[PDB]
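Going by the PDB entry, the residues shown for chain A are 7-329, listed in order. Basis for what follows: all heavy atoms, side chains included, without hydrogens, waters or symmetry-related copies. Just follow the structure's listing: the first ligand is 1, and inside any ligand the first atom is 1.
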Amino acid sequence: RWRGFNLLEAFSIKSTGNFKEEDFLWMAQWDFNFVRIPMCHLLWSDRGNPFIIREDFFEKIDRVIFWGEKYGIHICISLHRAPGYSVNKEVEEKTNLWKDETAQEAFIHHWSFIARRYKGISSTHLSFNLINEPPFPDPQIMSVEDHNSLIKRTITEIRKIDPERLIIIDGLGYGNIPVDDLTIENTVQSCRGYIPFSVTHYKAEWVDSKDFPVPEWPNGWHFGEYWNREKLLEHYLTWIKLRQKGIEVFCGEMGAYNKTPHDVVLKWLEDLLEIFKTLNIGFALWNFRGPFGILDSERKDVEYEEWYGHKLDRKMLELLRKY
Ligand SMILES: OC[C@H]1NC[C@H](O)[C@@H](O)[C@@H]1O
């Protein structure tokens, strides 16, 4: 079962691409075994021409794969921005990956490049997460069939190059809805652990959060609905139903932002992790270092432990380690 973090050094158009080896050392010493790498294709491509690939960028990803091997940490490479789609609003995509043949051609071009580069790296060490958080399947933007046909033909092209490559598929509705008609060999579907937004995204600048209620748990609030541990259990039970079709599931992003009081964060995260352990669902916290992380999270109500120049939320870490 995968347990770990997302690392963001290739996440943004302003990112350096230089991941920190000590992140891998420390999470290995804390007995974690998984990292997801959400990548912004513009770091090696172009806004106007989605077929540009600057191969030199991937020397940085080569290092991540080496460190994954060195420290026993599986690497999941993800396209967080691809031609025609990203949830990140720092750049507006002028095309629509879900409908536009040219964007889909470029999408496959990029994944074919990546598949070819790492064909020699086994799926024990490396998986591909094709696209981060597709939206709800409003067919005027992305139908269920739009999504499934694109994923299917992308997997086909990847596996002509590397037949054994493990593929991770995000749920629809921003990683929250299982995908019914994708029963493809050697795939995993990825859900999310941000429910409820009143706890996890309180005062978040990048969503419309101004009318969220004061955080509390239980009885947190999520797009009009109130949530508790039993409701979380029901939700993730619908996810592990995919195992009856030979599909594994895991939670590719989870956590709470750094303006939520710590007592609420810990009560909510404990409940989520109790459910994930109950149902044997793996997880990745959205940050290692950062606002959603166990390190350098800039919370005002935490007694941070020294961690080699960083600030460690020990209670959050130990919750993760025990589940
Ligand atoms: O995919 C990463 C993305 N997931 C959705 C979260 O709200 C956001 O904070 C994060 O940047």
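Contact analysis gives the chain with most pairs under 4.5 Å to ligand 1 as the one the PDB entry calls Endoglucanase. At ligand 1, the PDB records name the drug as 1-deoxynojirimycin. Distance from atom 1 (O) of 1-deoxynojirimycin (ligand 1) to its nearest protein heavy atom, with residue and atom name: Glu259 OE2, 2.6 Å. Close approach to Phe17 involves these atoms of 1-deoxynojirimycin (ligand 1), each under 4.0 Å from a residue heavy atom: 11 (O). Ranking the protein heavy atoms by distance from atom 11 (O) of 1-deoxynojirimycin (ligand 1) puts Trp292 CZ2, 3.6 Å first. Every atom of 1-deoxynojirimycin (ligand 1) is numbered from 1 in the order shown, and the set under 4.0 Å from a heavy atom of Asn138 is 1 (O). Among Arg87, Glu139, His86, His207, the residue whose heavy atom sits closest to atom 7 (O) of 1-deoxynojirimycin (ligand 1) is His207. The source organism of chain A, per the PDB record, is Thermotoga maritima (strain ATCC 43589 / MSB8 / DSM 3109 / JCM 10099).
For atom 9 (O) of 1-deoxynojirimycin (ligand 1), the closest non-hydrogen atom on the protein side is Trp212 NE1, 3.1 Å.
At a heavy-atom cut-off of 4.0 Å, the residues contacting 1-deoxynojirimycin (ligand 1) are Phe17, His86, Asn138, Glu139, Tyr200, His207, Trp212, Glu259, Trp292.
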